[PDB]
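Taxol:Tubulin beta chain complex.
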Amino acid sequence: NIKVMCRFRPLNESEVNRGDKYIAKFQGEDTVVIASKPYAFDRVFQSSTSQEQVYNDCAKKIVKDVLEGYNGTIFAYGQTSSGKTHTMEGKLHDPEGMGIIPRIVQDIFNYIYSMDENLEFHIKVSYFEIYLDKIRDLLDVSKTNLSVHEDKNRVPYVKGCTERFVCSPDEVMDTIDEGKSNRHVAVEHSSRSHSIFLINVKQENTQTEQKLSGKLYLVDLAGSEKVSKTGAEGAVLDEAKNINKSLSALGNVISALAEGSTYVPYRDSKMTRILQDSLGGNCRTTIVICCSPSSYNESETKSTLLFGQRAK
Amino acid sequence: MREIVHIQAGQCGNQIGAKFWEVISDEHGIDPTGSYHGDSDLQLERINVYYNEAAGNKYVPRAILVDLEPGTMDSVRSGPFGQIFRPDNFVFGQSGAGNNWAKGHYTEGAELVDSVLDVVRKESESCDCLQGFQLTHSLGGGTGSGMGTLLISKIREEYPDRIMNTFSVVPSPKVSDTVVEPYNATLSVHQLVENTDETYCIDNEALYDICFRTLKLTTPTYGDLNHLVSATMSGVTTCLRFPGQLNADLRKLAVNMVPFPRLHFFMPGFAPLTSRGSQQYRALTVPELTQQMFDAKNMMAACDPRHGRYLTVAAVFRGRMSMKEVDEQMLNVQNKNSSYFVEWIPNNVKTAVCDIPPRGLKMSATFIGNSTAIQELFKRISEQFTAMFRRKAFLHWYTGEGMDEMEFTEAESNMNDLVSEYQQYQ
Amino acid sequence: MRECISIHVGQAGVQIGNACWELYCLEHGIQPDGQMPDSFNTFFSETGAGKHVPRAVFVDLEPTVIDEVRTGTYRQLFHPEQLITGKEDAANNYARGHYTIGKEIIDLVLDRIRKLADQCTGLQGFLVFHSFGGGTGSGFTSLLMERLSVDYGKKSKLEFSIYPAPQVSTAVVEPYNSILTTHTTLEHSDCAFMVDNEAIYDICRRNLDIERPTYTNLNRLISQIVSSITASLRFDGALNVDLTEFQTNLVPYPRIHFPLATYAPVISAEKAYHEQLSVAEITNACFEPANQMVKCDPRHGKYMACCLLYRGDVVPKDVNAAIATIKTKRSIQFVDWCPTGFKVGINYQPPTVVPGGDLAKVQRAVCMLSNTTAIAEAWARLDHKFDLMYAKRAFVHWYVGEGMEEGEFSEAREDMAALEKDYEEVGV
Ligand SMILES: CC(=O)O[C@H]1C(=O)[C@@]2(C)[C@H]([C@H](OC(=O)c3ccccc3)[C@]3(O)C[C@H](OC(=O)[C@H](O)[C@@H](NC(=O)c4ccccc4)c4ccccc4)C(C)=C1C3(C)C)[C@]1(OC(C)=O)CO[C@@H]1C[C@@H]2O
Ligand SMILES: Nc1nc2c(ncn2[C@@H]2O[C@H](COP(=O)(O)OP(=O)(O)OP(=O)(O)O)[C@@H](O)[C@H]2O)c(=O)[nH]1
Ligand SMILES: Nc1nc2c(ncn2[C@@H]2O[C@H](COP(=O)(O)OP(=O)(O)O)[C@@H](O)[C@H]2O)c(=O)[nH]1
Ligand SMILES: Nc1ncnc2c1ncn2[C@@H]1O[C@H](COP(=O)(O)OP(=O)(O)O)[C@@H](O)[C@H]1O
Ligand SMILES: [Mg+2]
């Protein structure tokens, strides 16, 4: 089923001296009210919540399902300086402040270290991004216009995407860094393109001769931008248009899945087309949206909350 | 100022385009030699939409003709209006397509697409402000389908924010001339559903039926069918070159008529249509045109509108008429036939009125409909494709040019998804 | 001196302006070439050789109708730099008229407006004509209004808009554009007048005895209303009322500034005779529910303030008698907190008849501008249409494809709900 999680960040030192004020109000643990307008979700986190609680409550079940041959997907949507990188990556080695991806790889590797000796595991990693509705490869700059096809079982995939094996969390972190070192970033560190990261785990029992394949998807959604209030010209305007259209299409797909409609518009955009296997049916997906409670950022916070609410 | 680049691919496309250019030149008052011999200023006021200026008061069409055989080229060049095209815009090969989608789209079309794109680019850089591209082709053939699809893909890559409308002739159930038509139709729809902004579906069976019943023709030929198609094509974009009380652009029609990105398949129409020796007994007013347009025996697609509901209907009137009459007619049409229109969309009908009627008419109207009845056409095509694909019949010709069965499977899945989309809102 | 600036944006605005300027030229005796063979300074300015130039700006993103103006019978009247034209129209898209195509001629129109305002000493306000539903008339009007509010600020701005009809309609995406533009018009305007085509069609059918009306008749009627409003500034007479007095007598609370207009007597030549057409008869006919130019019967609501603008041969004693007769009635209900809700204005200049027109030469005419609580029904109908179309999110990808987010629709819907709530709560 579809689950939406909302996280709030504290007022840092660099902005407390300007006299900003809180806007968010909490009731229980699932309702956050701004300007006397409720916004119900599945779980709302407060400032004091550490990363361990977020990992245990948002991603643990999805990680568990992958290791049994199922599929999972984790999104990430928010504006700049809203907590996205802190809740996704953070410090890469601190055992208390590390993000979600380090805990994901730690859990996915601590199981391979403890399961008998008659099972053989392989790990595959891919890293491709969507920019101007054209799939590029972050792990191979040579490829720039990859395509999407369907195999015999009409399960979509990406053709020609680079796929390399790994053997330890260090390799996964290093390839993550190398992939991120080529993503489109505007002039503080605002991403202008959606990013998709695949962690494929497949097992084959040597005795039982049964094969199980599992896919985990990590998606970094770019931020929607209101063009009228900025003054975008040239390439920035095209990027904003593409980002808004893609986010609207993804919201439409998620709403259609949630409402139980007979037809789901899976073929309206590239991103929903690729994730067609790991979105509906017996697939568990969770969305994390990061918000800022300062009065300086009320409009973007409202937009993020509305995008989260669109799913339902 | 809102120019249009015209491309014709294949024999059917070339002949339809020749008839279309004859009709347009008659409307604007241009002699076959390329001179101007009109009688009004409005003819020359917006002539840059379809024509280019030349030395000594001469006008050359912005048309590009592409084919893999030199037969249609020198058949057109010898016609009544063959002296009008620019000789450098003819591009052709020597080896025919042979009714092979794979050949035209992969082997012999890839050795000719560069020159066609070069002439397209040269033609499109002399325009002040582009509006879109027009393409005329047939889905059931080899050169037309594959070549037009390749050109569409290349142009959509080069120009990603321009209108693309194609007037494609669709295979008919009870009229056929090729044995491998369903393969071509499916492989062409698989790309038209993705790389087009609004496509107009036409079939020969409906045109033959119109000629037999409404026009009371005895021995119709291809000229009449091409003539009807050209008439509706000219009526589609009449607001880009003439004044009027209400003006509708191509992008305006796309915005008003397309609710969701995939559903952009329309069935055209025209009115009035009568027979010689039967015009003195009919009065010509707005109600008569409205009644004729919404008739099941006037559409140019072999689909029954009664077996479904409309999503959006666009009616472009030409002539002098009152706006209250048009509004009341378009309202009572929906009120009387509430079961034939989608309930959750209010005001399914859009009205555009221009005050320059076609020569020899007092009033004319073109009908553009987006109904769910178009699903049965794809149903028949997919059924024939499934019948001929289980046994892999006539398949080694396509796999002999560099294709795979996965292309056929993906095309069939895409067409099935389109059919599922259209049925959902019924 | 007392001057006003007219801005016509969109096709409907341009055609309304054509009718209005024909009427003004007829009234003040100015030929189409600008030569006449001090009651005209309000709408024109001299040049030193006898030519008169209107204080108007024509703006459209499509070159069709403006080109009709440049080659028509009034080609020698307008300054060629006033008629401003772009390349591609909005295609019924709010975002295209707002930003995507708007940021290509907005500086030009702002410079022209500044040039016209720098040449006028006693500016009174602005007069904007546009239509709801279209891309240009809903998006480009918002940008221009915002820029004018930032720049000028304290100057009054009056709007004359076309509202979507209940059943008769032309486009399919009209509710979206109307909702967005009515969200925009509450923050920057000062007195917005709305009309719909269906009521005017009915008025033409019953009164004028014409069965196939077109846009020209509607434009002529709207031009007559505007001329009746501006006659007080232009001409002289007993009890003259200007714009600020209108606003201080008509708008009780800051956001309740949405009146509906009515004109009388709209009669034909055949019925011009055989009828008395005294002051009392004309005054009574203006309160009928079948003569309003908006599809809403005033019986299901209460009036707050109405201003009567008589022009022609009128004596105040007759006005007072007619007012007493109207007050003694029962079907017309006023609010309890307004013991006096009538503002009377009289002018000595009778209405002018345009050649080739459907109206008759009458010795007197009235124009009543009243704001009642019965104006929320049209808003309710349009909001119901909007939510019915927005539940499935149809035609939305076109709007988000120009950089417009999905929160604007909900915000505008909330604003319209708040406006309707305010009207209902102030009615009681
Ligand atoms: C005496 C009189 O009024 O004659 C009419 C006529 O009888 C009818 C039957 C015409 C006639 O049309 C046909 O018979 C016909 C033949 C082949 C294909 C399609 C139609 C007519 O030939 C066609 C002709 O159409 C035009 O003149 C339009 O401008 C039309 N022109 C052409 O198609 C055209 C033909 C040859 C050379 C150049 C142009 C047009 C329509 C749409 C957009 C542009 C142009 C008209 C009104 C007539 C005749 C002459 C009998 C009809 O057709 C049209 C297109 O108007 C058939 O039903 C209509 C109703 C007309 O009343
Ligand atoms: N009174 C009157 N109304 C008109 C006229 N033309 C259009 N309308 C109304 O205006 C609405 C359509 O908007 P338009 O003004 O034509 O569109 P636009 O403002 O030019 O915007 P775009 O054409 O989309 O760029 C409909 O409700 C029409 O009924 C006219 O000439 N007179
Ligand atoms: N209206 C019309 N249809 C045609 C004409 N010629 C062929 N067709 C149709 O086009 C289809 C055949 O494709 P065709 O264009 O001849 O093959 P190609 O030359 O390889 O593109 C069949 O459905 C024919 O009925 C023509 O001149 N006019
Ligand atoms: N939940 C949180 N609790 C405490 N501090 C946070 C939290 N989220 C973000 N921060 C602080 O915000 C700072 C920068 O945020 P960052 O993740 O870089 O946002 P972005 O990547 O969008 O710029 C970090 O130094 C971190 O200390
Ligand atoms: Mg327009």
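Note: chain IDs run A, B, ... matching the order in which the sequence lines appear. So for chain A, numbering is the PDB entry's, and the shown residues are 8-194, 199-323, in order. So for chain B, numbering is the PDB entry's, and the shown residues are 1-44, 47-360, 369-436, in order. Heads up, chain C uses the PDB entry numbers, so what you see runs 1-37, 47-437. Note that ligands are numbered from 1 as they come in the structure, with each ligand's atoms numbered from 1 the same way. Quick check of the header: electron microscopy, 3.6 Å.
- Counting all copies, Taxol can be found at ligand 1.
- The other chains with any non-hydrogen atom less than 4.0 Å from Taxol are B.
- Source organism of chain B in the entry: Sus scrofa.
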